[PDB]
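In what follows, every chain begins at residue 1, and chains take the letters A, B, ... in the order their sequences are listed.
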Amino acid sequence: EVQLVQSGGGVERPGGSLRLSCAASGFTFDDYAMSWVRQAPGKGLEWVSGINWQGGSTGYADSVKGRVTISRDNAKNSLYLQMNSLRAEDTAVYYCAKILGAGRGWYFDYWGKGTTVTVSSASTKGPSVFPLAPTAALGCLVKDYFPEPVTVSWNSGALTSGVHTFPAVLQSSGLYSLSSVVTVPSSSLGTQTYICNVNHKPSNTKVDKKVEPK
Amino acid sequence: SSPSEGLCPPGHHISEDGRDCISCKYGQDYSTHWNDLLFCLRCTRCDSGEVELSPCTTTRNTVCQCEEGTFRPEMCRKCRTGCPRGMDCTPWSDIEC
Amino acid sequence: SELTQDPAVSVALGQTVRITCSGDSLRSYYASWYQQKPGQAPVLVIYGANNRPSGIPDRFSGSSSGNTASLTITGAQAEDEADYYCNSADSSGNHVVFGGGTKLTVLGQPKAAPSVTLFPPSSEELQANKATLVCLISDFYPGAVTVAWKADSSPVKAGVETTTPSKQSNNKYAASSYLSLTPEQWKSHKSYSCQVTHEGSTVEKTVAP
């Protein structure tokens, strides 16, 4: 049976170059057409480029035309996509896919595991933690940090009940932000101290923010 | 409008009663010949390997042409690269040897 | 170009569902469907006419009338809660085009209304000349919600960031939404609203300067 090995999960700055490579085994490769098809984080599939069995026909989605290039080496059962001048919107997972026929087409009967490509303007940044003052509900806004991930805890890790950390959202600025919100009794606001522990290891940051009632 | 000799003209199918020539819907269905049929035949839709050489009219069904590097009535085939011993690929013919 | 399919549908286990994909080029190019279980390579389901690769269930069936293709699952089992996209060539013939995808949920747990909590900007942030509203949603099933922001009465698209729903310990979903604004934009309006449309019904929370 068919096998397809992608590779090269790359982090790259905008305007930079990658060369996604796909190798294929377990079927005659030069009998069949190929194509790259992507998908940005949790937002629908998108066709990138197509190639003919021989290498003649080559199709490119308007969103990439002129920027990327497609080519196969039937001698090495390989298919590439050179990327040039990346865009922040090229942030996607990229699947090399076998088109069912010999001609250039839209029936991808096989899909590689897909390589992840990340394009970010931003550089490493520590978070700016703001407290979310107040059964009461308080928390910590872990605003503007790069890259992923970050560890949130409470009272030196001594509290694990009522704790909820939400997955971080990449902003249009390219800097992540998340919230952790804990639920506590109304009586606790007079007898207990509430500090969150935010540790961002990629930037070597440890911030302990006190949450006091406004 | 009116069925000549029990038959409706190309691009039409006769009505249920027998008195009217209803026209085929362009893009949807067609008829090629003088006929007393109850419906027009639906247009052929193109498969992957193919492009729409002539779009489907009312008098004419759709022509799907095999793409660059293949040829044809069920699926586009890959062209024979070389010839056998002692002996050009088009969108409708293999290589001739 | 662009063929539009509903972003979210549902079925009760053992029932039938038809996912339709609509686009003025599906008048002259056969469709084709894929299935994408969360964090797998899409898996081809029904290519054109109505033929299915070896290995995909009988249950599945592709159809076409006019400018609409339609994937149809009979007796949808548990192992069908996945994303199904469609594709054809574009209007011409050179490009390929994918449907916006449909989140097909298979009904396991009974339906749950979302739990909204909205936070106005903290004084510390405003002192740094910043302002961020935080709208936190949880405990909803099925996991597909429309989050909207309002300035008094007017829809606000700019400054908004939102996450894609995810399964909690309770199997229900949760999502977060953020509105970044200048403190001058914060004071210029009477009220700011976070509106969560789930299964039609919308839950609204409001905060004021």
Drug or drug candidate at chains A and C: drozitumab
Most-contacted chain for drozitumab, named by UniProt: Tumor necrosis factor receptor superfamily member 10B
Epitope, drozitumab on chain B, heavy atom < 4.5 Å: B:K25, B:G27, B:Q28, B:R45, B:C46, B:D47, B:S48, B:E50, B:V51, B:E52, B:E67, B:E68, B:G69, B:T70, B:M75, B:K78, B:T81
Chain B contacts on drozitumab, heavy atoms within 4.5 Å: A:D30, A:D31, A:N52, A:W53, A:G56, A:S57, A:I99, A:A102, A:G103, A:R104, A:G105, A:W106, A:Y107, C:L26, C:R27, C:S28, C:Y29, C:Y30, C:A31, C:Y47, C:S64, C:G66, C:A69, C:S88, C:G93
